[PDB]
Amino acid sequence: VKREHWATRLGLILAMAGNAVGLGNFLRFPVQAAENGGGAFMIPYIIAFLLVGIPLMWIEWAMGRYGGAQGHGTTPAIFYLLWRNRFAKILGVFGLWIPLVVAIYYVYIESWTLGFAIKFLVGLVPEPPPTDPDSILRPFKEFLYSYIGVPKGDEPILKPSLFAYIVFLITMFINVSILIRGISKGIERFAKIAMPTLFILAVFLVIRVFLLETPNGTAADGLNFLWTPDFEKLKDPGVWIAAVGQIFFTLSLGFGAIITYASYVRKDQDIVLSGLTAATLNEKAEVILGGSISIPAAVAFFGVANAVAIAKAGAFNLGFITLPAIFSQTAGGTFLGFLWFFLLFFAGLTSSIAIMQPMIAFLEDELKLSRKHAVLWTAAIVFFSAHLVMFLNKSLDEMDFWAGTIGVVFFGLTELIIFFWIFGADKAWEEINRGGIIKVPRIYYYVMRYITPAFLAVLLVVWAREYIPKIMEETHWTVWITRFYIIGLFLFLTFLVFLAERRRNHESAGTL
Ligand SMILES: CN(C)CCCN1c2ccccc2CCc2ccc(Cl)cc21
Ligand SMILES: CN(C)CCCN1c2ccccc2CCc2ccc(Cl)cc21
Ligand SMILES: CCCCCCCCO[C@@H]1O[C@H](CO)[C@@H](O)[C@H](O)[C@H]1O
Ligand SMILES: CCCCCCCCO[C@@H]1O[C@H](CO)[C@@H](O)[C@H](O)[C@H]1O
Ligand SMILES: CCCCCCCCO[C@@H]1O[C@H](CO)[C@@H](O)[C@H](O)[C@H]1O
Ligand SMILES: CCCCCCCCO[C@@H]1O[C@H](CO)[C@@H](O)[C@H](O)[C@H]1O
Ligand SMILES: CCCCCCCCO[C@@H]1O[C@H](CO)[C@@H](O)[C@H](O)[C@H]1O
Ligand SMILES: CC(C)C[C@H](N)C(=O)O
Ligand code: NA
Ligand code: NA
């Protein structure tokens, strides 16, 4: 062919919206917000969306469409197209490494939601007794802990239940069944089914939650806590780092995923309005839907102070333990739990296929593998690698940090510098607006060229100076097992880019 292309504009928008709308909206956002003072988190969040989220979204859509027009959907080649320096290809490897590493733990978490959905649907759930908080949360904590196999001793090892393992296998098979059908007949087709389902399930859950009321509060108290400003924290670096990190994660920015999806957009197609729409749809799903489910429910039943303590407790407690526990105290609560996990599963699935496609696109575009082989090998690498996340306690956290937290911010800055500084601000601006149904507001030219990069640069330095040291000095030794492995993955991916180069050289000397 030349390239596969999104069939319809609606399919394109829903596929991109599904790329973005995932576990980050319903699980990550609530914890981050509650953990950072709720309303106090929102100001930096909104600012990050305007100064970082929106501008980078347009930039990645532009880079992808630009690359696609020349038959390239991933950063190793696209970065090179924008800056013909071998170093561009190496920096580009992060556009394959980040999504791959994130997929290695993201699909596993996604599989938990399918496993929970299954168990809640058939009623194989814990039975709490008769209004102490712990006698109520404990059965659900044990339920999660037995599912993933949390360490009961001193060894930093996890023991996933057999059901969890088999469900991960099924989950991988489901991701493959969609990806193996390609862009239009696979990802786009699925998005047209999943997004509407996702929206309906989420609205229903918000409505149900809004009816919650106990001696400790109502869902309204939850919304008040999340949407009430606290200008006295606008000066804490930590809240800003959390806010910006969430924006990157929730919009799928810096993962090379938006770029790859955009590489299937026809060269002439608009990306300004489409990009803004995908981004806007994600924010609504995040702040309106995701923000209105778990926090209001937790606050209604336990009050703000306890809700916050829950979010800070961590380990998927809010979404996999607390919410289902709360639901169990209501009529039809087990089924509500099913709907919650089913919602999470579809949110995750539409996002995981998005972070596996970069590796698939690279194998197809640069190594010329058939889609079938590219999808199967990608799945094999993710499946194999995930065993590290399934059996080594904290490996998931380590990957989520280096690739999904630090990595994306670093890559976002990198792609911006390459596209807006090296490739050329005016050429980049031109490329972004080309074919647009609407033009990017002019003030954004200055935001992209000066504000965004300066913003990310400062964030990254603050990170390396007052946070990375603790992570490098105060963690259990087992973190090095994961660091070693993912560094190895980077090395391997660089080797593949080298092979792509050599294949390119040999076909050019065969093109003459
Ligand atoms: C009414 N049916 C069209 C929906 C079931 C098909 N579907 C689907 C839809 C569009 C494009 C690819 C795929 C692949 C198979 C698959 C796998 C899992 C799920 Cl959760 C849905 C699903
Ligand atoms: C601290 N870890 C136990 C958890 C890290 C995983 N993670 C994550 C990663 C992918 C998808 C959903 C979620 C939900 C939980 C959550 C909450 C806050 C943060 Cl900042 C990360 C985070
Ligand atoms: C292909 C790479 C394989 C690495 C070793 C994988 C071992 C998986 O082993 C399986 O794990 C499940 C969940 O913990 C258990 O329920 C099964 O009984 C066990 O056989
Ligand atoms: C979606 C269907 C998943 C079926 C796998 C369920 C695994 C849950 O549990 C396992 O089931 C096995 C066979 O029933 C038993 O031999 C194991 O002892 C038991 O732990
Ligand atoms: C870095 C990833 C390494 C994965 C190696 C997994 C080896 C699996 O090991 C197996 O796990 C089962 C369930 O936990 C146990 O029941 C078996 O006794 C054990 O041998
Ligand atoms: C990241 C690696 C996680 C590994 C989890 C391993 C759980 C293994 O289980 C252990 O395997 C050993 C060797 O087979 C046996 O000698 C032990 O008796 C057994 O408990
Ligand atoms: C920090 C980023 C803020 C983005 C808000 C942009 C609001 C758009 O602002 C509008 O842009 C148009 C096109 O440039 C101008 O013609 C209008 O006069 C201006 O009000
Ligand atoms: C890594 C990304 C695909 C994650 C997705 N944007 C989410 O919010 O879950
Ligand atoms: Na999102
Ligand atoms: Na999604």
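Here chain A follows the PDB entry, giving residues 3-132, 135-516 in order. The figures here come from the full heavy-atom set of this structure, side chains too, leaving out hydrogens, waters and symmetry mates. As the structure lists them, so they are numbered: ligands from 1, and atoms in each ligand from 1.
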I'm looking at ligand 2, any idea what drug that is?
clomipramine
Main binding partner of clomipramine (ligand 2), per the PDB entry:
Transporter
Winner among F324, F28, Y107, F320 once heavy atoms are compared against atom 6 (C) of clomipramine (ligand 2):
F320
Protein contact of atom 11 (C) of clomipramine (ligand 2) - nearest heavy atom, named by residue and atom, plus distance
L25 CB, 3.8 Å
What organism is given for chain A in the entry?
Aquifex aeolicus
How does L400 reach clomipramine (ligand 2), if at all, at less than 4.0 Å between non-hydrogen atoms: by side chain, backbone, both, or neither?
side chain
How far is atom 2 (N) of clomipramine (ligand 2) from the closest protein heavy atom, and which atom is that?
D401 OD2, 2.9 Å
Would you mind listing which atoms of clomipramine (ligand 2) come within a distance below 4.0 Å of any non-hydrogen atom of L29?
14 (C)
Which atoms of clomipramine (ligand 2) are found less than 4.0 Å from any heavy atom of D404?
9 (C), 21 (C)
Option of least heavy-atom distance to atom 8 (C) of clomipramine (ligand 2) (set: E112, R30, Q34):
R30
For atom 10 (C) of clomipramine (ligand 2), which protein heavy atom lies nearest, and how many Å away is it?
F253 CZ, 3.7 Å
Could you help me out with the residues around clomipramine (ligand 2)? Anything with a heavy atom closer than 4.0 Å counts.
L25, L29, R30, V33, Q34, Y107, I111, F253, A319, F320, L400, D401, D404
